[PDB]
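Here the structure comes first, spelled out in structure tokens, and everything after it is commentary.
All residue numbers in this chain count up from 1 along the given sequence. Only this structure's heavy atoms are used, side chains among them; waters, hydrogens and symmetry mates stay out. Per deposition record, X-ray crystallography, 1.2 Å. Each ligand, and each atom within it, is numbered from 1 in the order the structure gives.
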Amino acid sequence: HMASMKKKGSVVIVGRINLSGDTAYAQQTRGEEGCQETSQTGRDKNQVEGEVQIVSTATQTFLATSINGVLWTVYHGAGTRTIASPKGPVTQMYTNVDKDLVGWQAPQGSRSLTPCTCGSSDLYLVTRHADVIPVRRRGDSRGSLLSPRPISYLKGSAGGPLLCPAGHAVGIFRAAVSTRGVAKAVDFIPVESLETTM
Ligand SMILES: CC(C)(C)OC(=O)N[C@H]1CCCCC/C=C\[C@@H]2C[C@@]2(C(=O)NS(=O)(=O)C2CC2)NC(=O)[C@@H]2C[C@@H](OC(=O)n3cc4cccc(F)c4c3)CN2C1=O
Ligand SMILES: [Zn+2]
């Protein structure tokens, strides 16, 4: 009944993949209880840093990547949710279920990647565990893993970036191409598709 109808919480930034130095590593910035509270209020006072955030809802955790002043992630993780911010919940600026893509204005303190113009096919996927996995581009939205991985290894990394050698954004990881639980390739939203959305 109407009086007891609930609202979904906000997406909450709970960590980042630190790419600032010579070593990529995951950092947690909020534990489970704080995450739950922040999802409910939508008020996140934490300082945000970096290009790749680790984000959570009540039920899932995944990644989000800042490119050209927008924090992007997958619809299959975020749905239509707001994101928590210092001033309360922030509404999506982009939503496209057909691309599996959503975006919010990039948090103050975040750094954005630049869309790649290199037209190069040697790529690098960054996972939620801060693994940097070489990927050979095989089409507009596909790349092959030079070393195949169990899908367990990739789960929770949707929303993270594929980067070129010079560190530009080439795409956003969307889905694993897998057989018998082994991923040989990845499917990604190309950055040009983001640029068109913008
Ligand atoms: C498309 C194809 C070739 C048939 O393959 C697959 O459908 N494969 C599966 C394999 C699943 C096994 C785990 C794989 C491990 C990691 C996967 C990266 C990941 C993830 O980590 N999510 S998450 O845990 O962070 C989660 C919290 C955010 N995404 C998924 O699971 C996605 C989600 C779902 O797909 C979609 O809803 N759409 C909507 C699309 C719209 C347009 C185009 C698309 F392609 C779209 C794909 C199935 N998914 C796969 O990957
Ligand atoms: Zn580039």
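Taking the chain with most contacts, the partner of ligand 1 here is, per the PDB entry, NS3/4A. Notes: drug at ligand 1 recorded as danoprevir. Measured on heavy atoms with a 4.0 Å cut-off, the binding site of danoprevir is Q60, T61, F62, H76, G77, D98, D100, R142, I151, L154, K155, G156, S157, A158, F173, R174, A175, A176, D187. Annotation for danoprevir: atoms under 4.0 Å from non-hydrogen atoms of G77 are 28 (C). In this structure, the protein non-hydrogen atom closest to atom 49 (N) of danoprevir is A175 CB, 4.1 Å. Within 4.0 Å of atom 26 (C) of danoprevir, at least one protein heavy atom is present. Atom numbering of danoprevir starts at 1 in the shown order; those under 4.0 Å from a heavy atom of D100 are 38 (N), 39 (C), 40 (C), 41 (C).
The protein heavy atom nearest to atom 30 (C) of danoprevir is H76 NE2, 3.5 Å. Short contacts between danoprevir and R142, defined as distances under 4.0 Å to a heavy atom of the residue, involve ligand atoms 3 (C). Of all atoms in danoprevir, numbered sequentially from 1 with element shown, those under 4.0 Å from a heavy atom of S157 are 21 (O), 25 (O). Per-atom contact check: atom 6 (C) of danoprevir touches the protein, criterion being a heavy-atom distance below 4.0 Å.
Listed by atom number, the atoms of danoprevir under 4.0 Å from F173 heavy atoms are 18 (C). Considering both main-chain and side-chain atoms, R174 comes within under 3.5 Å of danoprevir through a nitrogen or oxygen pair. Residue-to-ligand polar distances place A176 within reach of danoprevir: an N/O pair is separated by less than 3.5 Å. Distance from atom 12 (C) of danoprevir to its nearest protein heavy atom, with residue and atom name: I151 CD1, 3.8 Å. Inclusion of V74 in the set of residues having an N or O under 3.5 Å from an N or O of danoprevir is not warranted. Counting the atoms of danoprevir from 1 in the order shown, those under 4.0 Å from a heavy atom of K155 are 15 (C), 16 (C), 21 (O), 24 (O). Within a 4.0 Å radius of atom 43 (C) of danoprevir, the protein contributes one or more non-hydrogen atoms. Atom 45 (F) of danoprevir has its closest protein heavy atom at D187 OD1, 3.1 Å. Distance check for atom 35 (O) of danoprevir: every protein heavy atom is found at 4.0 Å or beyond. Which parts of danoprevir touch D98 is read off a 4.0 Å heavy-atom cut-off, strictly below it: atoms 41 (C), 42 (C). With hydrogens left out, the protein atom closest to atom 24 (O) of danoprevir is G156 N, 3.1 Å, a heavy atom.
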